[PDB]
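Co-structure: pamidronate and Farnesyl Diphosphate Synthase.
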There are 2 protein chains.
Amino acid sequence: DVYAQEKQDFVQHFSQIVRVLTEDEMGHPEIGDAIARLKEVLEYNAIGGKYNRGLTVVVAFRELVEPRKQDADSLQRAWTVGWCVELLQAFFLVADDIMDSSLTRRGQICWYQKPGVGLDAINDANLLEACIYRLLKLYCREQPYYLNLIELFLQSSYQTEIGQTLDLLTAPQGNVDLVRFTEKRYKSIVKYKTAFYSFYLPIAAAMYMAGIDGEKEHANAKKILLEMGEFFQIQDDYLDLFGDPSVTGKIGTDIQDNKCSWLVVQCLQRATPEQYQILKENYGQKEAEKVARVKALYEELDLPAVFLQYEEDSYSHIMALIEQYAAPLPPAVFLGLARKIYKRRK
Amino acid sequence: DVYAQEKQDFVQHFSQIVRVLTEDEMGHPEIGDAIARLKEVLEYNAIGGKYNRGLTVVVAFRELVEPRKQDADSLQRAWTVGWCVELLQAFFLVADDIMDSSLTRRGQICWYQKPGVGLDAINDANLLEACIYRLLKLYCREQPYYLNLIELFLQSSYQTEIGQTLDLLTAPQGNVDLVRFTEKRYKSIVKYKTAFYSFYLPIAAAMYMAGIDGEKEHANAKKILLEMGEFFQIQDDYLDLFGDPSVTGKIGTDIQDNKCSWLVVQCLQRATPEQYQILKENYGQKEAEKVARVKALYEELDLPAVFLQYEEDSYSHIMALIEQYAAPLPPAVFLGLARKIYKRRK
Ligand SMILES: NCCC(O)(P(=O)(O)O)P(=O)(O)O
Ligand SMILES: NCCC(O)(P(=O)(O)O)P(=O)(O)O
Ligand SMILES: [Mn+2]
Ligand SMILES: [Mn+2]
Ligand SMILES: [Mn+2]
Ligand SMILES: [Mn+2]
Ligand SMILES: [Mn+2]
Ligand SMILES: [Mn+2]
């Protein structure tokens with residue numbers, strides 16, 4: 001609703017992002033072909049999603065800055081930093097689809113899967129990352145929060161990259177070992193790989209832009225947001241298998257990639273020793289027959305019902321945390337982000 | 001010689017790099033497996049090269065800072081920033097071997113080619129990049145050049161990444177078009193993909209650490225260093241085909257990858273219309289028969305002799321530039337880096 005009114009002005013700002021990014025270096029006509037590839041990469045990989053993360057920067061900025069201090073220019077910056085978060089997203093997703101061997105994303109073929117692209121996607125991805133820091137300098141170089149943002153984004157990338165490492169160490173291909181799929185392992189992985197960049201990053205960027213740079217205040221917002229992140233990854237693992245592809249925009253790969261999913265951790269807990277053997281025998285394989293066998297065990301142990309219940313208990317718990325931790329920040333900040341991910345299907 | 005005395009103290013500092021990187025996050029035992037993968041990635045990909053780039057930071061630091069201002073701590077920082085350059089190197093090389101489909105590097109199998117690694121190399125690479133900025137913060141956070149270095153490294157990455165894009169746009173696989181292999185195209189590609197990070201990055205880092213942050217002074221050092229970079233990439237294209245693998249540490253792939261090499265640009269210039277057809281018919285293919293056919297045309301148009309002559313005329317020209325541009329900086333700074341790449345075989 002608040003995200004709804006802000007969407008239009010955000011998405012439209014994307015022309016300028018691409019304009020400023022493909023001009024400030026176009027006084028060097030030599031790299032023009034590269035700059036054209038940039039425009040192409042940007043419009044394929046930063047466009048077509050829900051923009052939850054970038055909108056959070058924008059939405060939270062308004063609720064934190066006093067209306068007098070929301071000038072045309074100060075807002076411009078808010079939309080740019082919001083798109084910077086969206087580019088971190090694009091950067092990670094491009095690489096991740098390669099590493100996960102994904103077939104679609106946001107309802108189209110993955111960038112590396114487009115003919116003519118392939119493993120060049122790698123350099124495209126690193127470029128998307130570089131653009132974050134180009135924009136920060138072009139728009140915020142003179143701001144007092146400028147170094148805070150630079151360090152926040154880098155720190156955040158390091159974290160989700162430590163997250164990815166954990167994710168991949170836990171899911172060797174051809175190497176099934178249900179034993180390693182524990183609750184602690186799951187909790188660590190999602191906290192690092194999703195929670196920081198998807199939830200702490202946007203709100204904190206908006207905080208720093210609003211002057212709120214206090215260490216306790218960030219620690220407190222972080223307490224709320226790492227919890228929402230963990231809920232958000234669990235919902236994502238569920239959708240991976242049980243969500244509709246025409247809605248999520250992607251084809252799930254968690255069982256095939258031998259991933260430490262939430263479903264798999266929940267299965268191994270409710271598993272009778274004979275179901276354990278089914279799972280131990282059908283997980284992390286490309287065979288469709290064997291993947292359905294796994295999905296059938298999940299439906300048999302009623303994981304879809306367990307997940308729905310978790311969603312409820314989780315949502316009430318985030319709410320408690322917001323009650324305990326939101327001040328001195330407007331509870332509408334976290335409430336808005338929480339409403340946007342509650343009962344999502346994409 | 002100057003690089004020789006500094007080598008030992010540099011390489012040994014690498015234990016501490018790995019120590020500080022794998023401890024400051026090890027107060028979080030949850031990511032310990034990731035931190036262990038880090039140590040592994042670092043010791044495979046940041047070790048085994050000539051350390052020209054990192055040593056340049058160190059060597060140039062001493063010749064720019066007054067001996068009184070070279071304390072234990074100030075030196076420590078110099079070795080760290082030197083290794084930060086070495087990690088940018090590792091970051092780019094890891095990704096590049098994947099994109100170029102390389103088989104070896106520094107005399108061992110490429111990281112992505114090690115069994116168990118593969119396209120996970122991608123996340124390993126992004127991690128190496130992240131470590132640069134972790135170290136900058138751990139060692140230089142309080143220095144007055146701290147933001148200068150952060151911006152220099154990012155700027156440098158953006159550049160070599162624009163360089164890579166150019167490199168890859170010019171060499172589509174299965175898409176031979178000798179027409180695009182021009183001198184201007186070559187000059188742009190190498191300036192962006194090599195010159196900035198390999199030559200300007202290290203010297204400028206050492207300058208900023210020494211207080212020399214003036215814009216004209218950097219512009220002037222850059223004039224020298226982008227020239228040495230271009231010589232350095234040309235030497236690299238030559239070694240790619242004509243150098244000994246037991247020395248370079250890598251197997252060349254430029255003809256197969258359909259690359260805009262120096263040799264190929266020089267060939268197309270000296271090519272009789274019938275040699276042009278040979279080339280047009282054997283370039284950018286995996287067939288060994290066809291790759292030798294190409295190498296034979298190069299030896300026939302005497303490219304190895306042309307290259308030797310270029311090396312001489314080039315070296316004299318850099319020297320002129322050093323004469324014109326080195327001041328107020330010690331000419332020994334550039335002379336040392338120039339001696340280290342003159343007549344190199346690896
Ligand atoms: N934000 C991480 C991306 C994923 O959610 P995705 O389903 O690929 O969007 P992963 O399942 O690999 O964690
Ligand atoms: N510094 C770039 C790396 C190379 O030189 P390398 O031979 O792979 O070291 P490229 O030939 O791809 O430019
Ligand atoms: Mn993943
Ligand atoms: Mn994925
Ligand atoms: Mn997923
Ligand atoms: Mn290359
Ligand atoms: Mn290469
Ligand atoms: Mn090469």
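Order of the sequence lines fixes the chain letters, A, B, ..., with proteins taken first and strands second; residue numbering starts at 1 for each chain. Atoms within each ligand, like the ligands themselves, are counted from 1 in listed order. All values below come from the heavy atoms of this structure, side chains included, with hydrogens, waters and symmetry mates left out. According to its header, the structure was obtained by X-ray crystallography, 2.6 Å.
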State which chains or ligands correspond to pamidronate.
-> ligands 1 and 2
Other chains near pamidronate (ligand 2) (non-hydrogen, under 4.0 Å) = B
Can you list, by chain and number, the residues with heavy atoms within 4.0 Å of pamidronate (ligand 2)?
-> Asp96(B), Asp100(B), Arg105(B), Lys193(B), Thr194(B), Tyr197(B), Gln233(B), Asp236(B), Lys250(B)
Of all the non-hydrogen atoms in the protein, which one sits nearest to atom 13 (O) of pamidronate (ligand 2), and at what distance?
-> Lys193(B) NZ, 2.8 Å
UniProt dimethylallyl diphosphate binders in chain B under 4.0 Å from pamidronate (ligand 2), heavy atoms | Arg105(B), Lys193(B), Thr194(B), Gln233(B), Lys250(B)
Taking a heavy-atom cut-off of 4.0 Å, which of the residues UniProt lists as isopentenyl diphosphate-binding in chain B lie that close to pamidronate (ligand 2)?
-> none
What is the closest protein heavy atom to atom 8 (O) of pamidronate (ligand 2), and at what distance does it sit?
-> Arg105(B) NH2, 3.0 Å
Within the structure, does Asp96(B) bring an N/O atom to less than 3.5 angstrom of an N/O atom in pamidronate (ligand 2)?
-> yes
Tell me which protein heavy atom sits closest to atom 7 (O) of pamidronate (ligand 2), plus the residue, atom name and distance to 0.1 Å.
-> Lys250(B) NZ, 2.7 Å
How many other ligands or ions sit closer than 4.0 Å to pamidronate (ligand 2), and what are they?
-> ligand 6 (manganese (II) ion), ligand 7 (manganese (II) ion), ligand 8 (manganese (II) ion)
Are any of the N or O atoms of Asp240(B) closer than 3.5 Å to those of pamidronate (ligand 2)?
-> no
What source organism is recorded in the PDB entry for chain B?
-> Homo sapiens
